[PDB]
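The following structure: meropenem (bound form) with L,D-transpeptidase YcbB.
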Amino acid sequence: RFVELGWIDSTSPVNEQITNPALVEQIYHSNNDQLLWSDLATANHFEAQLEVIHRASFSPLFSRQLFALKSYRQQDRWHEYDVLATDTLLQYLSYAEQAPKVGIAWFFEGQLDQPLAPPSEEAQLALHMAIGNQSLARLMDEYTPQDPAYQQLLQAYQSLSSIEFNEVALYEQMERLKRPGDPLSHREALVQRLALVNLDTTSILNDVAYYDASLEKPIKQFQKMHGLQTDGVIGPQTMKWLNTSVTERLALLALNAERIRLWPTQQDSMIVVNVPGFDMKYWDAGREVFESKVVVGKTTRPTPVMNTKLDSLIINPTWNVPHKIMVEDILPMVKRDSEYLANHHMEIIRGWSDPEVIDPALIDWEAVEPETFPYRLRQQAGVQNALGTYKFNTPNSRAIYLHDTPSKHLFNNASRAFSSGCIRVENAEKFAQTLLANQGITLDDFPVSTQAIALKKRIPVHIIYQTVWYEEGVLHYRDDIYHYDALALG
Ligand SMILES: *C(=O)[C@@H]([C@@H]1N=C(C(=O)O)[C@@H](S[C@@H]2CN[C@@H](C(=O)N(C)C)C2)[C@@H]1C)[C@@H](C)O
């Protein structure tokens with residue numbers, strides 16, 4: 001009924017499957033009712049690009065279209081294929097344009113289940129042109145992030161895609177742990193599985209019945225690759241990653257490539273925190289000037305994906321204990337431990353406006369119900385302050401900022417989801433120094449007390465969620481700390 005095309009019949013399912021009949025009609029008329037997709041290499045390139053979106057499991061919309069396309073192809077229904085491909089490429093183009101704007105909706109909040117708006121005029125133009133110059137492939141590639149980050153993940157996806165269904169024995173072992181020097185049953189499976197992730201297995205010795213030196217370094221860099229303690233020990237966490245299928249790895253790659261559409265371009269001066277990587281990097285004038293491990297929010301108080309700017313830096317910050325924390329977390333502990341306040345250098349304050357220190361002794365602690373308790377808590381400046389020596393002020397509606405910690409031992413863990421959402425920074429001192437250097441700010445000597453310092457040039461802070469990324473020659477994988485890789489894996 002609905003698609004007014006001469007060479008498509010009325011009862012074809014394409015009439016219901018198509019999103020923008022109007023715009024498809026126009027394109028086909030402008031090209032004298034000719035097929036855009038009769039070149040195989042071109043259809044295959046576009047089916048490949050939709051497999052990616054399929055595996056990433058974030059768009060039932062594109063999955064529907066791909067199944068339908070793949071179904072028209074198996075039956076040699078090349079007229080129906082042609083028109084549905086054209087409609088689906090319009091969607092791909094809306095998708096390419098909209099993700100950086102509003103893609104947070106599809107990858108974190110909800111999903112791309114409903115047809116997108118048509119693409120911009122600029123895009124419809126580029127398409128018309130591509131149709132005439134027989135360069136649809138170039139058009140699709142042009143509408144992928146021109147980011148080496150993207151292309152490195154796609155390169156790896158393409159390699160692994162080539163060997164998806166090569167069966168490879170599951171790596172097994174007798175005991176839950178297995179240390180250098182122990183007997184080793186399944187050496188073949190283990191080495192095959194180190195190879196899957198393109199670790200160099202060439203120097204590993206053959207048919208040695210034990211976990212020898214030749215295996216230590218490959219195992220330790222497989223561990224590093226997966227952000228695990230490089231202890232050399234084949235335990236459950238190692239085996240989880242060793243024994244992941246190529247299907248599972250391609251899904252991780254797919255999701256993480258598509259996620260790079262969200263991440264806001266790249267700036268010369270910029271700060272990136274990768275949550276599941278529990279790390280962060282400060283670029284300034286094209287240069288990586290600083291990197292550091294961080295602690296991010298716990299699963300229950302997660303660090304959200306967001307973009308803000310670093311406005312100012314506080315040296316020797318006092319910590320104004322927010323209400324929610326005082327009421328639930330702190331007052332009930334001072335109600336029992338009558339030494340809490342003094343140990344944590346935490347003084348009682350009339351109000352944030354009226355900063356009068358009240359001695360804890362002037363208070364009927366039996367009498368206090370935390371919910372209604374009328375004064376406020378303020379931790380004095382110091383090394384043992386919850387914010388340590390440095391607060392990094394990133395003002396935003398969610399009250400998330402970067403700060404030093406006194407609990408520097410927590411950086412020793414592989415998995416660093418301990419905070420109430422804020423981001424604790426190892427080597428805050430160096431971070432402070434490089435910021436001030438690159439702002440053209442000097443300090444005649446280190447301040448006695450609390451010092452606010454506004455940045456001349458505010459830096460964008462991007463907090464991303466990236467479970468796969470390319471860095472110094474190699475592809476890193478990380479556990480799905482906050483469960484957003486959920487659908488990709490099954
Ligand atoms: C940021 O997360 C909040 C602020 N920053 C820190 C932090 O990095 O965790 C917390 S302090 C810590 C978590 N809850 C407190 C607690 O459990 N007790 C028993 C005192 C200590 C702090 C809440 C916030 C400003 O957004």
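Start at 1 with the first residue, then count along the sequence. The figures that follow rest on heavy atoms only: side chains count, while hydrogens, waters and symmetry mates do not. Counting starts at 1 for both ligands and their atoms, following the listed order.
Shortest contact from atom 20 (C) of meropenem (bound form) to any protein heavy atom: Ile330 CG1, 3.6 Å. Among protein heavy atoms, the minimum distance from atom 19 (C) of meropenem (bound form) is reached at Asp329 CB, 4.2 Å. The protein heavy-atom contact nearest to atom 25 (C) of meropenem (bound form) is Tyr401 OH, 3.3 Å.
For atom 3 (C) of meropenem (bound form), the closest heavy atom belonging to the protein is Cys422 SG, 3.1 Å. Neither the backbone nor the side chain of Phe418 comes within contact range of meropenem (bound form); no heavy atom lies under 4.0 Å. Within a 4.0 Å radius of atom 16 (C) of meropenem (bound form), the protein has at least one heavy atom. Atom 8 (O) of meropenem (bound form) has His403 NE2, 2.7 Å as its closest protein atom, hydrogens excluded (heavy atom only).
With ligand atoms numbered from 1 in the order given, meropenem (bound form) contributes 8 (O), 9 (O) to contacts under 4.0 Å with heavy atoms of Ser419. If you look at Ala399 next to meropenem (bound form), the close heavy atoms, those under 4.0 Å, all belong to the backbone.
What the model shows is a covalent bond from meropenem (bound form) to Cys422 SG. Nearest protein heavy-atom contact of atom 9 (O) of meropenem (bound form) is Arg424 NH2, 2.8 Å. Scanning the protein heavy atoms around atom 10 (C) of meropenem (bound form), the nearest turns out to be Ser420 OG, 4.1 Å.
Scanning the protein heavy atoms around atom 21 (C) of meropenem (bound form), the nearest turns out to be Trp319 CH2, 4.7 Å.
Within 4.0 Å of meropenem (bound form), judged by non-hydrogen atoms, the site holds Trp319, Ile325, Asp329, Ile330, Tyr340, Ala399, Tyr401, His403, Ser419, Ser420, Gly421, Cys422, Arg424.
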